[PDB]
Amino acid sequence: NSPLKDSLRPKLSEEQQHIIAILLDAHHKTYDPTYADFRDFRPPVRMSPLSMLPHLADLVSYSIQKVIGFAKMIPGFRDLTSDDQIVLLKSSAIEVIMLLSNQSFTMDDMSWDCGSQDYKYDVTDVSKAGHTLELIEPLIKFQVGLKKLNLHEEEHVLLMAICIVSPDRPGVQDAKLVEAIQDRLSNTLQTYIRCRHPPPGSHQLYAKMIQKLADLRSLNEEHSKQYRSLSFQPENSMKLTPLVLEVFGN
Amino acid sequence: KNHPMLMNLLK
Ligand SMILES: C=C1/C(=C\C=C2/CCC[C@]3(C)[C@@H]([C@H](C)CCCC(C)(C)O)CC[C@@H]23)C[C@@H](O)C[C@@H]1O
């Protein structure tokens, strides 16, 4: 075989395997499947208007901190300017949180089940945090469609990293460098799927995963809209956390 | 725009 023909044969390079290893570890170190810290949040109240906002605000604020910790471990991420790291996290946080949550989501009853009845969230809980079907229905649909992909954890953490390092985010300065970082991750994912995800599950899997990124942009836009409306009321904004205000807007 | 807490968590 010619060097060309042989070079066309897909192979997970040592560097690409290394990238996957780092992202798996990063996820391990920032997602607690025991959910032990939820005790620390303001208590969930299920009955009054916005009764679940304090608890879900605390959950989300906690999860933003975890997203930041994961982002810092993405190969290339820290070579970005402080400003670009900030804009990428401000814009992606809600999306990565939606991705992370797929781990607790269950299609048994279409809820996020975090180990106990107190920490099991359904569409009614989300509405009681100030959100409407315009966000919630598509969010459930997203969770269902993602679950249907039955991603390998490898693919799950690659997707989160690709989500974070997106060059077309608002406020991005060195889009060229963000794009180079993302491309290394995207190629790693494409090659992982070809070499490690057996058919039929692999069918158009990359394209399906990129469609989920597009879905996340739409969810982000609608969340931002409802969040601005929600936070416009000072009495609501009072119930949020300082980190949520800084990241999602004030 | 100043994101002190984000900036500090990123250090
Ligand atoms: C967080 C995590 C979890 C679930 C995520 C959920 C379920 C409840 C509703 C949430 C929090 C959605 C809400 C639209 C976000 C509301 C935020 C705000 C009130 C500030 O506008 C986004 C993700 C959803 C649980 C666990 O998987 C850890 C993960 O890390």
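Chain lettering follows the listing: the opening sequence line is A, and each later line takes the next letter. Residue numbering in chain A adheres to the PDB entry, whereby the residues present occupy positions 113-159, 218-420 in order. So for chain B, numbering is the PDB entry's, and the shown residues are 625-635, in order. Indexing begins at 1, ligand by ligand and atom by atom, following the structure's order. So this one's X-ray crystallography, 1.7 Å, going by the header.
- The drug observed at ligand 1 carries the PDB name calcitriol.
- In this entry, more contacts with calcitriol come from one chain than from any other, and the PDB entry calls that chain Vitamin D3 receptor.
- Heavy-atom contacts below 4.0 Å between calcitriol and other chains occur for A.
- For calcitriol, the atoms sitting less than 4.0 Å from at least one non-hydrogen atom of A/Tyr143 are 26 (C), 27 (O), 28 (C), numbered in the order shown with element in parentheses.
- Note: an N/O pair closer than 3.5 Å links A/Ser274 and calcitriol by distance alone.
- Taking only non-hydrogen atoms, the option from A/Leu226, A/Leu305, A/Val266, A/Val237 nearest to atom 14 (C) of calcitriol is A/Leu305.
- Going by the entry, the organism behind chain A is Rattus norvegicus.
- For atom 20 (C) of calcitriol, the choice among A/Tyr397, A/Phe312, A/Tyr291 with the nearest heavy atom turns out to be A/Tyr397.
- Listed by number with element, the atoms of calcitriol under 4.0 Å from a non-hydrogen atom of A/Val230 are 11 (C), 17 (C).
- Using a 4.0 angstrom heavy-atom cutoff, A/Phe275 does not count as in contact with calcitriol.
- Residues of chain A contacting calcitriol are mostly from the UniProt domain NR LBD.
- Calcitriol lies out of reach of A/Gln273, whose nearest heavy atom is not under 4.0 Å from it.
- For A/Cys284, the closest heavy-atom approach to calcitriol falls below 4.0 Å.
- At under 3.5 Å, a nitrogen or oxygen of A/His393, whether backbone or side chain, sits near a nitrogen or oxygen of calcitriol.
- Counting atoms of calcitriol from 1 in the listed order, those under 4.0 Å from a heavy atom of A/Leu223 are 19 (C).
- For atom 13 (C) of calcitriol, the choice among A/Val296, A/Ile267, A/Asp295, A/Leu389 with the nearest heavy atom turns out to be A/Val296.
- Here is the list of calcitriol atoms found below 4.0 Å of a heavy atom in A/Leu229: 1 (C), 3 (C).
- Within the 4.0 angstrom cut-off, atom 10 (C) of calcitriol has no protein heavy-atom neighbours.
- Defined by non-hydrogen atoms within 4.0 Å, the binding site of calcitriol is A/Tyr143, A/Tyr147, A/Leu223, A/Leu229, A/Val230, A/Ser233, A/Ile267, A/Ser271, A/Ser274, A/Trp282, A/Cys284, A/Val296, A/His301, A/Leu305, A/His393, A/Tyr397.
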Could you go through calcitriol and list every pair where one of its N or O atoms sits under 3.5 Å from a protein N or O, giving the atom names and the distance to one decimal?
residue    : atom   : partner  : partner atom : Å
calcitriol : 21 (O) : A/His301 : NE2          : 2.8
calcitriol : 21 (O) : A/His393 : NE2          : 2.9
calcitriol : 27 (O) : A/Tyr143 : OH           : 2.9
calcitriol : 27 (O) : A/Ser274 : OG           : 2.8
calcitriol : 30 (O) : A/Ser233 : OG           : 2.7

